[PDB]
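We count residues from 1, following the sequence as given. Computed from heavy atoms alone, side chains included, the values below leave out hydrogens, waters and symmetry copies. As the structure lists them, so they are numbered: ligands from 1, and atoms in each ligand from 1.
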Amino acid sequence: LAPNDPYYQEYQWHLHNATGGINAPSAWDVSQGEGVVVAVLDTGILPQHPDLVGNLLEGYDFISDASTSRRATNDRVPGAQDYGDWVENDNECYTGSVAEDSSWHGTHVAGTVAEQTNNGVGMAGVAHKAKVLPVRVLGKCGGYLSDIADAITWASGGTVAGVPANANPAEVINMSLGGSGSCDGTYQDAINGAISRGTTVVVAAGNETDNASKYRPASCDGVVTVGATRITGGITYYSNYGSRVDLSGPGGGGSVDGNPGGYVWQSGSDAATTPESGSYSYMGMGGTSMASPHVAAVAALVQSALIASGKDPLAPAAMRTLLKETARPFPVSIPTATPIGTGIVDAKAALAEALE
Ligand SMILES: *[B]([O])([O])[C]([C][C]([C])[C])[N]C(=O)[C]([C]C1=[C][C]=[C][C]=[C]1)[N]C(=O)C1=[C]N=[C][C]=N1
Ligand SMILES: [Ca+2]
(Lines of atoms letter the chains of each structure in order from A and count residues from 1; the text may use other names and numbers.)
(Lines give C-alpha, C1' and ligand atoms only; values in the text may rest on other atoms or scores of the structure.)
(Ligands and ions follow the chains in the order given, each with its own letter.)
Protein backbone atom coordinates (compact mmCIF):
# COMPACT_ATOMS: atom_id res chain seq x y z
CA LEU A 1 0.00 0.00 0.00
CA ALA A 2 1.23 3.48 -0.93
CA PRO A 3 -1.17 5.71 1.09
CA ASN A 4 -2.16 9.16 -0.17
CA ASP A 5 -1.27 11.21 2.92
CA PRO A 6 0.32 14.41 1.49
CA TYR A 7 3.48 14.43 3.67
CA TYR A 8 4.06 10.64 3.78
CA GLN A 9 6.35 10.28 0.77
CA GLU A 10 8.70 13.18 1.54
CA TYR A 11 8.87 12.92 5.32
CA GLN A 12 8.22 9.37 6.54
CA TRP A 13 11.43 7.52 5.71
CA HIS A 14 10.90 5.64 8.95
CA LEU A 15 7.92 3.86 7.33
CA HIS A 16 9.10 3.30 3.75
CA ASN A 17 12.91 3.86 3.37
CA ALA A 18 14.64 0.70 2.10
CA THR A 19 17.60 0.90 4.56
CA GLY A 20 16.10 2.66 7.57
CA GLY A 21 12.32 2.01 7.38
CA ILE A 22 10.22 -0.81 8.89
CA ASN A 23 8.83 -2.19 5.59
CA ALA A 24 5.39 -0.67 6.31
CA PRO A 25 4.05 -0.54 2.68
CA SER A 26 4.26 -4.33 2.30
CA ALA A 27 2.98 -4.98 5.85
CA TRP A 28 -0.09 -2.80 5.12
CA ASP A 29 -1.12 -5.16 2.28
CA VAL A 30 -1.61 -7.79 5.02
CA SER A 31 -2.65 -5.92 8.20
CA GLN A 32 -3.41 -2.42 9.48
CA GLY A 33 -4.01 -3.50 13.13
CA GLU A 34 -7.83 -3.49 13.08
CA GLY A 35 -9.41 -4.77 16.27
CA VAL A 36 -6.36 -4.21 18.47
CA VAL A 37 -5.85 -1.66 21.24
CA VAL A 38 -2.42 -0.14 21.98
CA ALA A 39 -2.05 1.74 25.26
CA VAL A 40 0.23 4.75 25.00
CA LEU A 41 1.53 5.67 28.43
CA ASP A 42 2.88 9.18 27.92
CA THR A 43 2.18 12.93 28.23
CA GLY A 44 -1.44 12.47 27.13
CA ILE A 45 -3.00 13.39 23.80
CA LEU A 46 -4.62 16.10 21.71
CA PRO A 47 -7.85 14.10 21.12
CA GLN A 48 -9.29 16.28 18.36
CA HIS A 49 -6.18 16.30 16.17
CA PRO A 50 -7.79 15.96 12.71
CA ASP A 51 -5.33 13.22 11.76
CA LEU A 52 -6.04 11.15 14.93
CA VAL A 53 -9.83 11.50 15.38
CA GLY A 54 -11.45 8.15 14.73
CA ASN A 55 -8.51 6.06 16.12
CA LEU A 56 -8.58 7.11 19.78
CA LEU A 57 -10.33 5.83 22.90
CA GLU A 58 -11.12 8.17 25.77
CA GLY A 59 -8.40 6.77 28.04
CA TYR A 60 -7.54 8.16 31.44
CA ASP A 61 -5.26 10.52 33.34
CA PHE A 62 -3.31 8.83 36.14
CA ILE A 63 -1.30 11.86 37.27
CA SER A 64 -2.18 12.31 40.93
CA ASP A 65 -0.60 15.74 41.37
CA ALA A 66 -2.28 18.97 40.25
CA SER A 67 1.01 20.77 39.66
CA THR A 68 2.22 17.97 37.33
CA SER A 69 -1.10 17.37 35.50
CA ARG A 70 -1.90 21.13 35.36
CA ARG A 71 -5.43 20.09 36.38
CA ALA A 72 -7.36 21.61 39.28
CA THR A 73 -7.03 18.58 41.62
CA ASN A 74 -4.75 15.66 42.48
CA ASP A 75 -7.52 13.34 41.32
CA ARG A 76 -7.13 10.91 38.47
CA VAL A 77 -9.83 11.55 35.87
CA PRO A 78 -11.27 10.07 32.65
CA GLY A 79 -9.66 11.23 29.41
CA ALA A 80 -6.04 11.92 28.56
CA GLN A 81 -6.05 15.54 27.34
CA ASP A 82 -2.46 16.82 27.34
CA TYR A 83 -2.52 20.15 29.22
CA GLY A 84 1.07 20.89 28.16
CA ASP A 85 4.26 19.82 29.97
CA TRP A 86 6.16 23.12 29.38
CA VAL A 87 8.46 24.46 32.10
CA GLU A 88 9.05 28.23 32.05
CA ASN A 89 12.29 28.42 34.07
CA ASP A 90 15.71 26.80 34.18
CA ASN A 91 16.26 24.52 37.18
CA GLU A 92 12.58 24.10 38.11
CA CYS A 93 12.64 20.32 37.57
CA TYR A 94 16.10 19.38 38.85
CA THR A 95 19.20 21.48 39.48
CA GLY A 96 20.58 21.87 35.94
CA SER A 97 17.31 21.60 33.95
CA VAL A 98 16.53 24.11 31.20
CA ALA A 99 13.20 25.71 30.26
CA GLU A 100 11.32 23.83 27.52
CA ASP A 101 8.19 24.31 25.47
CA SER A 102 5.37 21.80 25.67
CA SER A 103 6.41 18.52 23.99
CA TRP A 104 3.05 17.09 22.86
CA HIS A 105 5.17 13.94 22.98
CA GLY A 106 2.22 11.60 23.62
CA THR A 107 0.40 12.86 20.49
CA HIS A 108 3.52 12.20 18.33
CA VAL A 109 4.00 8.70 19.77
CA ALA A 110 0.27 7.99 19.35
CA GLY A 111 0.65 9.10 15.70
CA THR A 112 3.42 6.55 15.05
CA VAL A 113 1.05 3.93 16.50
CA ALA A 114 -2.25 4.80 14.75
CA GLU A 115 -2.26 8.08 12.78
CA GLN A 116 -5.13 8.00 10.29
CA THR A 117 -3.68 6.83 6.98
CA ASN A 118 -4.75 7.07 3.34
CA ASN A 119 -7.17 9.82 4.42
CA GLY A 120 -5.58 12.53 2.27
CA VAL A 121 -4.47 14.43 5.41
CA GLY A 122 -1.05 15.01 6.97
CA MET A 123 1.02 11.89 7.77
CA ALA A 124 0.62 8.10 8.01
CA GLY A 125 0.76 5.74 10.99
CA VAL A 126 1.77 2.07 11.38
CA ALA A 127 -1.25 0.33 12.99
CA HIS A 128 -3.65 2.83 11.44
CA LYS A 129 -6.81 0.75 11.97
CA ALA A 130 -5.97 -0.05 15.59
CA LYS A 131 -7.17 2.14 18.44
CA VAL A 132 -4.87 4.03 20.81
CA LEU A 133 -5.84 3.97 24.49
CA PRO A 134 -4.11 7.14 25.75
CA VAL A 135 -3.07 6.92 29.37
CA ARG A 136 -1.60 10.15 30.69
CA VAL A 137 1.18 9.61 33.23
CA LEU A 138 3.63 12.42 32.40
CA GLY A 139 3.21 16.17 32.88
CA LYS A 140 5.25 19.10 34.11
CA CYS A 141 8.77 17.83 34.90
CA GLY A 142 7.65 14.22 34.22
CA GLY A 143 5.68 11.91 36.51
CA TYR A 144 5.55 9.48 39.43
CA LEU A 145 6.44 5.77 39.42
CA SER A 146 3.27 4.85 41.33
CA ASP A 147 1.10 6.56 38.68
CA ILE A 148 2.99 4.85 35.85
CA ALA A 149 2.74 1.47 37.64
CA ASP A 150 -1.04 1.71 38.09
CA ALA A 151 -1.38 2.87 34.48
CA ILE A 152 0.40 -0.32 33.35
CA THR A 153 -2.00 -2.36 35.52
CA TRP A 154 -5.13 -0.61 34.26
CA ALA A 155 -4.04 -0.42 30.63
CA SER A 156 -3.55 -4.20 30.50
CA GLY A 157 -6.94 -4.97 32.06
CA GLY A 158 -5.88 -5.15 35.73
CA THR A 159 -7.84 -3.58 38.62
CA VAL A 160 -6.68 -0.31 40.16
CA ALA A 161 -8.27 1.03 43.36
CA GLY A 162 -10.08 4.28 42.54
CA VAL A 163 -10.36 3.76 38.76
CA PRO A 164 -13.32 2.16 36.90
CA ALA A 165 -12.56 -1.14 35.17
CA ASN A 166 -10.87 -0.77 31.78
CA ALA A 167 -13.43 -1.73 29.14
CA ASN A 168 -10.64 -1.77 26.54
CA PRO A 169 -7.72 -3.88 27.88
CA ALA A 170 -4.76 -3.38 25.54
CA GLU A 171 -2.87 -6.14 23.70
CA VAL A 172 0.19 -3.83 23.67
CA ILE A 173 1.62 -1.16 25.96
CA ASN A 174 4.11 1.45 24.70
CA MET A 175 6.28 3.27 27.22
CA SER A 176 8.27 6.02 25.52
CA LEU A 177 9.48 7.10 28.96
CA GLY A 178 12.07 6.22 31.56
CA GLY A 179 14.78 7.30 33.98
CA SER A 180 17.92 6.25 35.86
CA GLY A 181 17.91 3.17 38.10
CA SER A 182 17.54 -0.60 37.91
CA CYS A 183 13.99 -1.90 37.55
CA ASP A 184 12.44 -1.97 41.00
CA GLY A 185 9.67 -4.16 42.43
CA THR A 186 7.01 -1.51 41.69
CA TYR A 187 7.70 -1.44 37.94
CA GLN A 188 8.51 -5.14 37.70
CA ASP A 189 5.31 -6.21 39.51
CA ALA A 190 3.06 -4.02 37.34
CA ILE A 191 4.85 -5.29 34.23
CA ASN A 192 4.56 -8.93 35.41
CA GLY A 193 0.84 -8.30 35.87
CA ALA A 194 0.44 -6.97 32.33
CA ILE A 195 2.37 -9.98 30.92
CA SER A 196 0.15 -12.37 32.93
CA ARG A 197 -2.89 -10.83 31.18
CA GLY A 198 -1.41 -11.36 27.72
CA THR A 199 -0.16 -7.77 27.18
CA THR A 200 3.19 -7.20 25.41
CA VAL A 201 5.09 -4.29 26.97
CA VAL A 202 7.38 -2.31 24.59
CA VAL A 203 9.75 0.34 26.00
CA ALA A 204 12.26 2.91 24.78
CA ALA A 205 15.87 1.97 25.62
CA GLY A 206 16.85 5.54 26.60
CA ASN A 207 18.91 8.31 24.99
CA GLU A 208 21.99 8.63 27.26
CA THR A 209 24.44 6.79 24.95
CA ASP A 210 24.67 4.41 27.90
CA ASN A 211 23.94 0.81 28.91
CA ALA A 212 20.17 0.24 29.07
CA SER A 213 20.81 -1.95 32.14
CA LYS A 214 21.14 1.26 34.17
CA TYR A 215 17.64 2.63 33.41
CA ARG A 216 13.98 1.73 33.92
CA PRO A 217 11.71 0.45 32.57
CA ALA A 218 14.34 -0.28 29.88
CA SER A 219 16.12 -2.80 32.16
CA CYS A 220 12.94 -4.53 33.39
CA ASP A 221 12.42 -8.25 32.82
CA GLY A 222 9.76 -9.33 30.36
CA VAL A 223 9.71 -6.15 28.22
CA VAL A 224 10.74 -5.44 24.63
CA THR A 225 13.55 -2.84 24.95
CA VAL A 226 13.95 -0.83 21.75
CA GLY A 227 17.05 1.00 20.56
CA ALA A 228 17.07 3.69 17.88
CA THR A 229 18.48 3.66 14.35
CA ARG A 230 19.01 6.35 11.74
CA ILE A 231 17.76 6.67 8.18
CA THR A 232 21.11 4.97 7.31
CA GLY A 233 20.17 1.90 9.37
CA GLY A 234 22.99 2.54 11.89
CA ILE A 235 22.92 3.44 15.60
CA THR A 236 21.89 6.97 16.54
CA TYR A 237 24.34 9.11 18.52
CA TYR A 238 22.03 9.00 21.59
CA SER A 239 20.71 5.40 21.60
CA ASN A 240 21.29 3.35 24.72
CA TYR A 241 22.74 -0.09 24.07
CA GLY A 242 23.65 -3.37 25.75
CA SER A 243 22.52 -6.98 26.06
CA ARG A 244 19.10 -5.88 27.34
CA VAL A 245 18.28 -4.13 24.04
CA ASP A 246 16.18 -6.56 22.00
CA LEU A 247 15.92 -4.83 18.62
CA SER A 248 15.75 -1.32 17.18
CA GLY A 249 13.28 0.87 15.41
CA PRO A 250 13.78 4.16 13.47
CA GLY A 251 14.30 6.88 16.09
CA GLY A 252 16.05 9.48 13.89
CA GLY A 253 19.74 10.47 13.93
CA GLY A 254 19.10 14.19 14.59
CA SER A 255 20.95 17.04 12.86
CA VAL A 256 23.66 14.91 11.24
CA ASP A 257 20.92 13.44 8.98
CA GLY A 258 19.19 16.77 8.20
CA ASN A 259 15.53 17.54 7.62
CA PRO A 260 13.57 15.36 7.10
CA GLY A 261 15.97 12.44 7.42
CA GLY A 262 17.03 13.03 11.04
CA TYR A 263 13.50 12.92 12.55
CA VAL A 264 10.31 10.92 12.84
CA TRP A 265 7.23 12.79 11.66
CA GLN A 266 3.72 12.60 13.14
CA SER A 267 0.75 14.53 14.46
CA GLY A 268 1.44 17.21 17.05
CA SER A 269 1.08 20.92 17.78
CA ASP A 270 3.16 24.10 17.60
CA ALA A 271 1.69 25.28 20.93
CA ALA A 272 4.41 26.43 23.36
CA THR A 273 2.35 26.14 26.58
CA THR A 274 -1.41 25.28 26.73
CA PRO A 275 -3.08 23.50 23.74
CA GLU A 276 -4.88 26.79 23.04
CA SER A 277 -1.56 28.65 22.66
CA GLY A 278 -0.95 26.98 19.26
CA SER A 279 -2.65 24.81 16.64
CA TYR A 280 -2.53 21.27 15.20
CA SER A 281 0.53 20.48 13.13
CA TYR A 282 3.02 17.75 12.14
CA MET A 283 6.22 17.59 14.19
CA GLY A 284 9.61 16.00 13.68
CA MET A 285 11.08 14.40 16.79
CA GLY A 286 14.03 12.09 17.45
CA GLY A 287 14.57 9.52 20.20
CA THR A 288 14.20 5.95 21.39
CA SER A 289 10.72 7.41 22.19
CA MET A 290 10.00 7.36 18.41
CA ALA A 291 11.56 3.90 17.84
CA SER A 292 9.51 2.13 20.54
CA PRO A 293 6.06 2.86 18.97
CA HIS A 294 7.14 1.48 15.59
CA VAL A 295 7.77 -1.83 17.39
CA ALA A 296 4.58 -1.58 19.49
CA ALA A 297 2.58 -0.94 16.32
CA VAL A 298 4.17 -3.90 14.52
CA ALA A 299 3.10 -6.11 17.47
CA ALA A 300 -0.43 -4.76 16.93
CA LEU A 301 -0.31 -5.56 13.19
CA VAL A 302 0.67 -9.14 14.14
CA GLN A 303 -2.03 -9.67 16.81
CA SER A 304 -4.62 -8.23 14.38
CA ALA A 305 -3.61 -10.42 11.42
CA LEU A 306 -3.85 -13.56 13.56
CA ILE A 307 -7.29 -12.64 14.91
CA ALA A 308 -8.37 -11.99 11.29
CA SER A 309 -7.23 -15.55 10.40
CA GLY A 310 -9.06 -16.89 13.48
CA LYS A 311 -5.62 -17.84 14.91
CA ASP A 312 -4.61 -17.38 18.56
CA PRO A 313 -2.84 -14.09 19.55
CA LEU A 314 0.79 -14.51 20.55
CA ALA A 315 1.70 -14.58 24.22
CA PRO A 316 4.19 -11.83 25.23
CA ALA A 317 7.29 -14.09 25.20
CA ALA A 318 6.35 -15.34 21.73
CA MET A 319 5.76 -11.81 20.48
CA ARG A 320 9.20 -10.66 21.63
CA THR A 321 10.83 -13.74 20.09
CA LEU A 322 9.01 -13.13 16.81
CA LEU A 323 9.96 -9.42 16.68
CA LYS A 324 13.66 -10.23 17.32
CA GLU A 325 13.87 -13.23 14.98
CA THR A 326 12.26 -11.33 12.09
CA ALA A 327 14.16 -8.03 12.47
CA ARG A 328 16.19 -6.82 9.46
CA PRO A 329 19.92 -7.13 10.24
CA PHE A 330 21.48 -3.67 10.29
CA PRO A 331 22.72 -2.42 6.85
CA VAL A 332 25.51 -0.62 8.71
CA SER A 333 27.84 -2.33 11.20
CA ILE A 334 26.98 -1.84 14.88
CA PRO A 335 30.08 -1.64 17.14
CA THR A 336 30.44 -4.69 19.37
CA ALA A 337 30.43 -2.58 22.53
CA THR A 338 27.12 -0.85 21.62
CA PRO A 339 24.69 -3.65 20.65
CA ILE A 340 21.12 -2.60 19.86
CA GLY A 341 19.51 -5.98 19.38
CA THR A 342 19.01 -8.29 16.42
CA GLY A 343 18.05 -5.74 13.78
CA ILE A 344 15.47 -3.18 12.73
CA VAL A 345 11.86 -4.22 13.24
CA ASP A 346 10.45 -5.46 9.97
CA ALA A 347 6.68 -5.26 9.84
CA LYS A 348 6.33 -7.50 6.78
CA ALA A 349 8.75 -10.20 8.00
CA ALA A 350 7.00 -10.31 11.41
CA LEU A 351 3.59 -10.78 9.74
CA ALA A 352 4.91 -13.44 7.32
CA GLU A 353 6.45 -15.50 10.16
CA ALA A 354 3.36 -15.21 12.42
CA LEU A 355 1.04 -16.31 9.62
CA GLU A 356 3.20 -19.26 8.50
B1 LIG B 1 12.16 10.00 24.32
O2 LIG B 1 11.57 11.21 24.01
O3 LIG B 1 13.02 9.46 23.40
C4 LIG B 1 12.13 9.62 25.85
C5 LIG B 1 12.54 8.16 26.11
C6 LIG B 1 12.93 7.81 27.54
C7 LIG B 1 12.99 6.30 27.73
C8 LIG B 1 14.23 8.43 27.99
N9 LIG B 1 10.97 9.96 26.66
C10 LIG B 1 10.95 10.96 27.53
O11 LIG B 1 11.99 11.62 27.77
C12 LIG B 1 9.60 11.20 28.21
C13 LIG B 1 8.67 12.09 27.34
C14 LIG B 1 9.10 13.52 27.14
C15 LIG B 1 8.52 14.55 27.89
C16 LIG B 1 8.90 15.86 27.71
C17 LIG B 1 9.88 16.18 26.79
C18 LIG B 1 10.47 15.17 26.05
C19 LIG B 1 10.09 13.85 26.23
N20 LIG B 1 9.89 11.77 29.52
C21 LIG B 1 10.35 11.05 30.54
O22 LIG B 1 10.49 9.83 30.51
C23 LIG B 1 10.76 11.83 31.76
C24 LIG B 1 10.46 13.17 31.87
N25 LIG B 1 10.82 13.88 32.94
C26 LIG B 1 11.46 13.22 33.90
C27 LIG B 1 11.78 11.89 33.78
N28 LIG B 1 11.42 11.17 32.72
CA1 LIG C 1 -3.16 11.01 7.60
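The drug occupying ligand 1 is bortezomib (bound form). The main binding partner of bortezomib (bound form, ligand 1) here is, in the terms of the PDB entry, Alkaline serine protease. The PDB entry names the source organism for chain A as Stenotrophomonas maltophilia. Any N or O atom pair closer than 3.5 Å counts here, and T43 shares no such pair with bortezomib (bound form, ligand 1). In terms of protein heavy-atom proximity, atom 2 (O) of bortezomib (bound form, ligand 1) is closest to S289 OG, 2.2 Å. Shown here, atom 11 (O) of bortezomib (bound form, ligand 1) is out of close reach of the protein: none of its heavy atoms lies under 4.0 Å off. Scanning the protein for heavy atoms near atom 17 (C) of bortezomib (bound form, ligand 1), the closest one is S103 CB, 3.7 Å. Taking only non-hydrogen atoms, the option from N207, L138, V203, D85 nearest to atom 20 (N) of bortezomib (bound form, ligand 1) is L138.
The structure places a covalent bond from bortezomib (bound form, ligand 1) onto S289 OG.
When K140, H105, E208, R216 are ranked by how near their heavy atoms come to atom 13 (C) of bortezomib (bound form, ligand 1), first place goes to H105. If you look at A218 next to bortezomib (bound form, ligand 1), there are no close heavy atoms at all, none under 4.0 Å. Comparing heavy-atom distances from atom 26 (C) of bortezomib (bound form, ligand 1) across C141, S292, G179 singles out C141 as nearest. Closest to atom 22 (O) of bortezomib (bound form, ligand 1), if we only count protein heavy atoms, is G178 N, 3.0 Å.
For atom 24 (C) of bortezomib (bound form, ligand 1), the nearest protein heavy atom (residue, atom name, distance) is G142 CA, 3.8 Å. Site of bortezomib (bound form, ligand 1) with heavy atoms closer than 4.0 Å: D85, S103, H105, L138, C141, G142, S176, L177, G178, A204, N207, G287, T288, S289.
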Under 3.5 Å, N/O to N/O: give me all the pairs between bortezomib (bound form, ligand 1) and the protein, one per line with atom names and distance.
unit_1, atom_1, unit_2, atom_2, d
bortezomib (bound form, ligand 1), 2 (O), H105, NE2, 2.9
bortezomib (bound form, ligand 1), 2 (O), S289, OG, 2.2
bortezomib (bound form, ligand 1), 3 (O), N207, ND2, 2.9
bortezomib (bound form, ligand 1), 3 (O), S289, N, 2.8
bortezomib (bound form, ligand 1), 3 (O), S289, OG, 2.1
bortezomib (bound form, ligand 1), 9 (N), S176, O, 3.0
bortezomib (bound form, ligand 1), 9 (N), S289, OG, 2.8
bortezomib (bound form, ligand 1), 22 (O), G178, N, 3.0
bortezomib (bound form, ligand 1), 22 (O), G178, O, 3.3
bortezomib (bound form, ligand 1), 28 (N), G178, O, 3.2

